[PDB]
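Following: one structure in structure tokens, then a few remarks.
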Amino acid sequence: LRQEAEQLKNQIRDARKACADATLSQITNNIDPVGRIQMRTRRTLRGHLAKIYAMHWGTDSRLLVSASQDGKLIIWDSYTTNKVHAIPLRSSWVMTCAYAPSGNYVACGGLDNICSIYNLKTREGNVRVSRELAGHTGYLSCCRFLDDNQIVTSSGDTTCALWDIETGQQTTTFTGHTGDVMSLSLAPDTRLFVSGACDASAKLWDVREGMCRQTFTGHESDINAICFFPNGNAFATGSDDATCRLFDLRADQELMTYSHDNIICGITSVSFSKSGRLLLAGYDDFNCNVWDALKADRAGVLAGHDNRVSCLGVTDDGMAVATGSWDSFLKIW
Amino acid sequence: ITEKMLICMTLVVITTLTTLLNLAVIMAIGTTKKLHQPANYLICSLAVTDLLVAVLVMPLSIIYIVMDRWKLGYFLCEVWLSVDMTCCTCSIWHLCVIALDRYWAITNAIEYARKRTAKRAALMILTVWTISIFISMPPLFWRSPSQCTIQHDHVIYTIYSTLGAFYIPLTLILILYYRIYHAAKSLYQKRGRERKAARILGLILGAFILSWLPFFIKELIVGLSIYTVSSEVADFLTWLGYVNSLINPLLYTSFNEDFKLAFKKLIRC
Amino acid sequence: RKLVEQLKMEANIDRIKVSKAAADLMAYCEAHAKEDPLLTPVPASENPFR
Amino acid sequence: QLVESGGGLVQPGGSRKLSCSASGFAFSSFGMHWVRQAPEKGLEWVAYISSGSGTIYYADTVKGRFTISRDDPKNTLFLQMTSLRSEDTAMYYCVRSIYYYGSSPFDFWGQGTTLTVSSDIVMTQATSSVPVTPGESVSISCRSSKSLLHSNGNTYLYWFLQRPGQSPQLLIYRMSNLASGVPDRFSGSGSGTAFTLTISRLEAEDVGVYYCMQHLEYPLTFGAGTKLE
Amino acid sequence: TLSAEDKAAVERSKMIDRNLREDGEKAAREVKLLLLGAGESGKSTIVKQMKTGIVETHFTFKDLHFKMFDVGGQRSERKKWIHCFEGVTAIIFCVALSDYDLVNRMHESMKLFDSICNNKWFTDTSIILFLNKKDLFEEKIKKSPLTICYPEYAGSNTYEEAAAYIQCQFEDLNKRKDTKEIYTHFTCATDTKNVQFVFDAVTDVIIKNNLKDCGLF
Ligand SMILES: CC(C)CCC[C@@H](C)[C@H]1CC[C@H]2[C@@H]3CC=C4C[C@@H](O)CC[C@]4(C)[C@H]3CC[C@]12C
Ligand SMILES: CC(C)CCC[C@@H](C)[C@H]1CC[C@H]2[C@@H]3CC=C4C[C@@H](O)CC[C@]4(C)[C@H]3CC[C@]12C
Ligand SMILES: CC(C)CCC[C@@H](C)[C@H]1CC[C@H]2[C@@H]3CC=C4C[C@@H](O)CC[C@]4(C)[C@H]3CC[C@]12C
Ligand SMILES: CC(C)CCC[C@@H](C)[C@H]1CC[C@H]2[C@@H]3CC=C4C[C@@H](O)CC[C@]4(C)[C@H]3CC[C@]12C
Ligand SMILES: CN1CCC2=C(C1)c1ccccc1Cc1ccccc12
């Protein structure tokens with residue numbers, strides 16, 4: 001019964017502790033610190049008139065898409081600041097968006113419980129909603145594209161789903177979280193994905209089968225952001241306890257914790273650099289931090305946002321970092 | 001000599017403070033992205049007029065009162081004495097138009113917020129600028145060495161100027177702020193602190209009536225040839241208006257939490 | 001019961017020592033350190049953002 | 001679906017109104033052009049109006065004689081011609097074009113309507129006729145007086161294919177990209193001055209005239225045209 | 001520097017900016033209300049009088065456009081999406097008077113209202129409180145006195161005194177009385193008067209905000 005569970009939890013904790021021979025801090029203590037990092041506001045995307053909750057970079061590292069309470073997504077050309085597209089939304093309460101890896105579709109969702117997909121390369125010229133993906137019974141946290149046909153989705157229904165856009169329904173529902181799931185991160189090979197939830201747990205899911213491959217705990221509050229390491233064998237979570245963490249899929253435990261006494265504020269977004277050396281965590285203290293992922297030392301600070309930094313992204317070629325904040329302005333560094 | 005040096009140093013300090021405060025207000029309004037409203041545009045225009053006074057009139061007054069000599073020329077003295085009237089009346093009418101804006105925003109808020117635009121703010125600033133120009137320029141048309149002062153040629157011109165430049169704005173501000181204070185009771189008693197609003201409105205009215213009322217009553221009593229005026233009282237009352245110029249950004253900006261947070265942001269970089 | 005079921009499946013996975021994990025992460029970061037425009041300030045000639 | 005009307009016989013020195021009715025796309029966000037083709041010569045750009053009618057351009061040959069206007073609520077593009085010359089006779093094509101990052105300008109061309117009356121970058125396409133057989137590759141060469149490789153990397157050169165008795169269609173945009181729905185056979189290549197269009201596994205549907213246009217700056221000038229048969 | 005296509009792209013961006021500015025002005029002229037309450041608190045009745053996930057009810061009164069956001073379909077954690085409603089000018093909190101004698105839900109309404117009125121996000125948003133199902137209460141108080149709901153009640157078992165006690169409890173649960181205010185009201189089973197009260201509360205909030213911008217409050 002439940003005592004058997006408890007015994008299994010004790011056994012798995014003992015196995016993790018036995019396998020944790022050393023720590024990332026002492027393993028990478030000898031490496032040269034990256035030094036101070038200075039990041040100027042290379043571009044300032046302005047035109048949003050309400051708090052920005054999400055953005056996603058295109059696969060070409062030039063276009064991006066941002067969602068806010070304006071009731072409309074905006075597709076920006078980050079190189080020249082031009083607004084490529086402005087897609088009016090059916091619901092103004094949008095807290096997620098994604099840009100398809102092929103660049104053809106753009107998804108967005110929120111309190112409407114629907115991850116709507118919009119077609120960008122239509123023949124008529126105006127972006128139109130191709131599908132209205134409904135079936136979640138709670139607010140929508142983050143829906144991420146797999147390809148032009150499949151899309152994983154994380155909602156407050158305590159479950160993550162894998163919808164097929166062509167038919168419009170779920171083909172695999174990932175259940176097992178206790179509370180609201182607020183984050184997603186597809187593996188670079190797109191075969192597994194980690195979802196962080198409000199029960200202070202991040203679960204490694206396998207899309208092909210559907211079972212919860214692994215679970216990772218250690219946070220002391222709700223998890224707000226998650227992002228795979230570029231290698232695809234690790235992932236960093238950012239929660240409300242003002243601590244980031246870097247868990248390993250193969251070791252099935254954390255390796256480093258990113259925290260400081262000065263920061264007593266939760267993490268609203270987490271992303272990695274192209275090489276995985278830098279961990280850019282956008283906090284709710286109106287700013288972002290840049291952590292040496294191998295040393296847990298704050299390698300830089302990104303200030304300039306008048307409000308909470310809600311969304312953060314790093315270009316696929318690592319050339320720039322774009323942070324969107326509640327002050328309705330995106331900043332590309 | 002020591003007293004003259006003290007007066008000169010005090011006036012230099014005053015004008016530097018005016019310039020610094022006006023620049024700080026302008027920078028905060030132009031940098032903060034939450035302060036882009038028509039009322040803030042009116043306040044910024046008032047700050048611009050104040051900066052014009054500070055960096056175009058105050059140093060000339062400082063040097064003139066101590067040198068007792070104007071070598072810049074008769075034409076330069078005419079230009080200075082005309083731009084002084086123009087810009088001071090511009091500041092006073094900015095006070096009046098901000099009072100009118102607040103009266104609208106408090107009494108007819110529901111539709112006045114709908115009809116309030118940056119175009120309307122620009123129209124209001126244009127109106128105050130043109131009324132100041134109409135008040136000040138025509139002396140250069142019709143009325144035109146060691147010491148040069150106000151030329152009392154026409155009593156009709158003097159009374160026109162004083163009524164149009166201080167008395168009309170004064171009565172307008174008095175009426176508008178009295179209406180605002182009366183309307184503040186509608187949300188203080190008919191709903192369920194009056195001390196805060198009373199203190200703020202009293203301070204605004206007191207500053208306005210304490211700075212430019214002595215100078216203009218002196219203007220009337222010297223334009224009707226009632227009493228003689230000495231240089232000390234004359235230039236003290238003259239610099240009373242510049243003291244108002246100094247206190248104006250503080251009074252009209254320090255009472256907003258949005259401006260306070262803008263200042264906090266601008267004092268950290 | 002389903003919770004315990006998930007548990008037993010999660011308890012039957014292969015393990016990698018944290019030393020090996022840290023070695024692999026450090027190796028990846030060092031191998032791709034040169035191709036990271038964030039770590040090394042890219043010259044403005046080939047920097048698309050200016 | 002663009003269809004034009006208002007052509008026909010006109011006395012020289014007269015005036016005529018050409019109406020382009022559009023149906024099936026967002027006319028408001030689509031820039032429109034007007035490209036005329038002489039009864040025997042190649043295409044020649046005539047007029048251009050932007051989205052919202054904020055920007056209007058004309059060919060320097062006919063500047064000021066034509067007036068191009070838009071009616072988005074009516075969804076119709078009008079072109080008024082005054083004081084026609086005998087050389088003005090041509091078939092006019094209403095050409096859609098939307099400009100943003102990654103868009104395909106000049107993608108859809110109207111059916112065109114005929115009208116008979118009683119420092120610019122010059123593009124050379126001297127290979128006038130190419131005798132070809134089905135199933136064999138072919139290469140068409142175009143040359144430009146000024147290099148089209150702009151400082152932002154885009155090489156503004158378009159390849160259009162006009163079938164005998166059919167309106168032209170966009171074939172390749174920006175010297176590399178393939179228009180939507182075009183067979184993968186076609187490829188574009190070349191430096192900023194000399195350009196090549198390569199067709200592999202040629203079939204009968206490839207018979208026609210190929211035109212190279214430059215979109216680097218106005219006026220837009222087409223090539224002479226290469227005829228394949 | 002910018003080629004023809006780049007110039008036209010910039011022009012398209014400027015047109016998009018114009019449309020975005022127009023839409024933003026139109027949306028800023030709107031009045032946003034957040035509707036909250038219990039499942040059986042009569043919010044359905046109230047929205048019927050003015051007319052899956054969130055439910056938007058748009059209506060117009062005295063040339064003022066009100067958008068009511070009902071979040072009754074959200075069963076997740078309140079704090080995870082309550083920060084989205086910072087900009088609402090008022091919170092219409094409906095509480096049923098029939099909740100005092102049917103089970104524990106009166107304490108549920110107590111705790112929900114306390115949390116709503118003590119959120120860090122809603123520190124300056126007025127709460128328009130509606131007392132729904134008052135007609136049934138007026139005759140069922142005699143059958144079930146308010147002492148059953150709260151033994152600490154000490155007064156006549158009349159509907160007027162019970163209503164006064166309820167609107168005293170709700171206001172005592174408030175902690176930010178100096179910043180925000182609770183506009184309590186009784187439905188009286190009518191629509192026009194309810195909407196008129198909502199409009200009065202909204203315009204009072206607007207004028208209070210204008211005084212705050214002036215520096216008076
Ligand atoms: C004479 C000069 C030196 C005075 C000081 C500079 C003035 C003119 C500048 C500084 C900051 C500027 C403002 C900055 C931002 C905006 C928002 C924009 O949507 C409309 C214009 C507006 C409102 C500007 C108007 C002009 C402005 C007020
Ligand atoms: C300095 C004096 C002597 C010369 C005249 C300056 C005039 C033309 C300037 C000074 C301050 C300016 C205003 C400053 C800010 C704004 C807000 C924005 O919406 C642009 C228009 C508007 C309203 C400007 C209009 C032009 C303006 C009134
Ligand atoms: C034109 C000549 C006679 C000079 C007149 C100067 C004075 C009397 C004028 C100049 C500008 C005028 C103001 C212009 C606009 C308004 C707004 C209106 O809703 C009420 C009256 C009011 C507030 C006017 C009051 C009178 C006024 C202050
Ligand atoms: C000759 C006349 C102009 C003298 C005026 C003196 C009085 C009215 C002035 C001089 C200094 C002023 C103060 C200067 C600074 C502040 C701090 C600010 O956060 C609130 C207003 C406040 C407190 C001002 C209130 C008005 C004030 C007390
Ligand atoms: C005290 N400053 C400068 C002196 C001065 C001022 C204000 C003034 C300003 C507005 C209206 C009237 C007046 C009076 C007046 C008349 C003629 C020349 C100058 C002045």
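Lettering of chains follows the sequences in order, A, B, ..., and the numbering in each one begins at 1. Start at 1 and go down the list; that is how both ligands and their atoms are numbered. Computed from heavy atoms alone, side chains included, the values below leave out hydrogens, waters and symmetry copies.
Sitting at ligand 5 is the drug setiptiline. Of all chains here, the one making more contacts with setiptiline (ligand 5) than any other appears in UniProt as 5-hydroxytryptamine receptor 1E. In this entry, the other chains with a heavy atom less than 4.0 Å from setiptiline (ligand 5) are B. Among the serotonin-binding residues UniProt records for chain B, the set within 4.0 Å of setiptiline (ligand 5) by heavy-atom distance is B:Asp84. Going by UniProt's N-terminal numbering of the transmembrane segments in chain B, the answer for heavy atoms under 4.0 Å from setiptiline (ligand 5) is 3, 5, 6, 7. By chain and number, the binding site of setiptiline (ligand 5) at a non-hydrogen cut-off of 4.0 Å is B:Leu81, B:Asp84, B:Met85, B:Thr89, B:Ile150, B:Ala165, B:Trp212, B:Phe215, B:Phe216, B:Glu219, B:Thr238.
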